[PDB]
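Structure containing bekanamycin.
For reference, positions follow the sequence shown, starting with 1. Atoms considered below: every heavy atom in the structure, side chains included; atoms not considered: hydrogens, waters and symmetry mates. Read the numbers this way: they start at 1 and go in the same order the structure lists the ligands and their atoms.
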Amino acid sequence: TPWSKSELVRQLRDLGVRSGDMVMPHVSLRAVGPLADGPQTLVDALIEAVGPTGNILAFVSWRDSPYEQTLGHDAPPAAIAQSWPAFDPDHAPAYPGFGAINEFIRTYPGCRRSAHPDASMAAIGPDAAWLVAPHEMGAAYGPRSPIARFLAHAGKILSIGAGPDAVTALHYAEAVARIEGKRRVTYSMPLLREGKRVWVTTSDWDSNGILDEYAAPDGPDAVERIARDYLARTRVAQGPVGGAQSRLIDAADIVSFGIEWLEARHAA
Ligand SMILES: NC[C@H]1O[C@H](O[C@H]2[C@H](O)[C@@H](O[C@H]3O[C@H](CO)[C@@H](O)[C@H](N)[C@H]3O)[C@H](N)C[C@@H]2N)[C@H](N)[C@@H](O)[C@@H]1O
Ligand SMILES: [Mg+2]
Ligand SMILES: [Mg+2]
């Protein structure tokens with residue numbers, strides 16, 4: 001029988017979500033199983049669980065990010081440059097590959113959306129505007145990004161059937177780790193500025209693997225390795241949300257662990 005909003009809220013409370021919390025979810029809807037009203041049921045449950053003073057932050061990206069089409073070039077290729085849509089935060093759909101729940105989050109009334117087209121973050125709650133801006137090119141997951149502010153805001157990572165590789169906040173640890181050999185990428189995104197499309201080319205840390213040994217397309221990357229080690233070494237509330245094995249992780253603690261993990265393994 002499909003899970004109801006009330007059942008999910010009670011499960012979230014059992015896992016340790018409290019009114020007023022700042023939560024970043026990573027969801028496998030397949031693991032959760034059927035929901036009374038589809039994915040919206042779990043969105044509504046998350047909002048109820050954090051309450052009217054709580055906040056949700058999600059990494060939603062953009063269905064049409066021209067990442068692969070511009071990667072490695074000093075400017076967008078001519079055909080891309082002429083016809084790609086500018087990123088419009090009000091209308092651009094979320095990227096399906098990071099979870100189908102994210103499009104429901106981003107379209108929720110009052111949701112705010114960050115300006116970085118590839119790293120776009122959506123937030124719901126009283127602190128949403130403060131969470132989502134600034135989000136500049138060159139600051140995808142590191143200092144000055146919404147992730148940085150999430151980590152300063154008592155953030156909790158709510159993994160609902162998701163694997164250790166899903167922990168986006170660990171890209172902050174990669175950004176700040178004092179290690180040699182860090183990989184960077186160059187790409188271009190089409191922004192809206194005063195109603196006009198402006199292409200911006202930037203470099204940033206490689207979010208597909210901070211060192212060569214973490215950058216195999218299949219993984220495992222550093223996020224996955226760090227998170228697997230952390231979860232083997234730390235008390236973390238675990239329990240069901242819907243049909244999904246779930247965990248509620250202190251974000252600052254896992255990111256600090258990840259910085260240490262990288263710096264212990266890689267020369268400065
Ligand atoms: N590397 C191994 C990991 O790979 C993917 O996760 C990555 C994404 O690939 C990356 O995406 C970027 O590169 C994509 C491919 O070019 C673009 O499509 C996308 N627009 C662009 O933002 C995110 N920023 C960070 C995330 N950890 C898998 N989901 C994950 O399970 C696996 O562990
Ligand atoms: Mg508050
Ligand atoms: Mg809207």
Which ligands, or which chains, stand for bekanamycin? ligand 1
Which chain accounts for the largest share of heavy-atom contacts with bekanamycin, under its name in the PDB entry? Aminoglycoside N(3)-acetyltransferase
What is the residue-level binding site of bekanamycin with heavy atoms closer than 4.0 Å? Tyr67, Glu68, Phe98, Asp118, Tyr141, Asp165, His171, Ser207, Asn208, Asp221
Short N/O distance, under 3.5 Å, between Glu68 and bekanamycin? yes
Does bekanamycin come near enough to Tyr141 that some N or O of the ligand is less than 3.5 Å from an N or O of the residue? yes
Is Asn208 in polar range of bekanamycin, meaning some N or O pair under 3.5 Å apart? yes
Identity and separation of the nearest protein heavy atom to atom 29 (N) of bekanamycin: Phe98 CE2, 4.5 Å
Report the nearest protein non-hydrogen atom to atom 24 (N) of bekanamycin: residue, atom name, distance rounded to 0.1 Å. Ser207 OG, 2.8 Å
Under 4.0 Å from a heavy atom of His171: which atoms of bekanamycin are those, numbered in the order shown and with their elements? 25 (C), 26 (C), 27 (N)
What protein heavy atom is closest to atom 3 (C) of bekanamycin, reported as residue, atom name and distance in Å? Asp221 OD2, 4.2 Å
Looking only at protein heavy atoms, identify the closest one to atom 28 (C) of bekanamycin and say how far it is in Å. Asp165 OD2, 4.8 Å
Which protein non-hydrogen atom lies closest to atom 20 (N) of bekanamycin, naming both residue and atom, and how far is it? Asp118 OD1, 2.8 Å
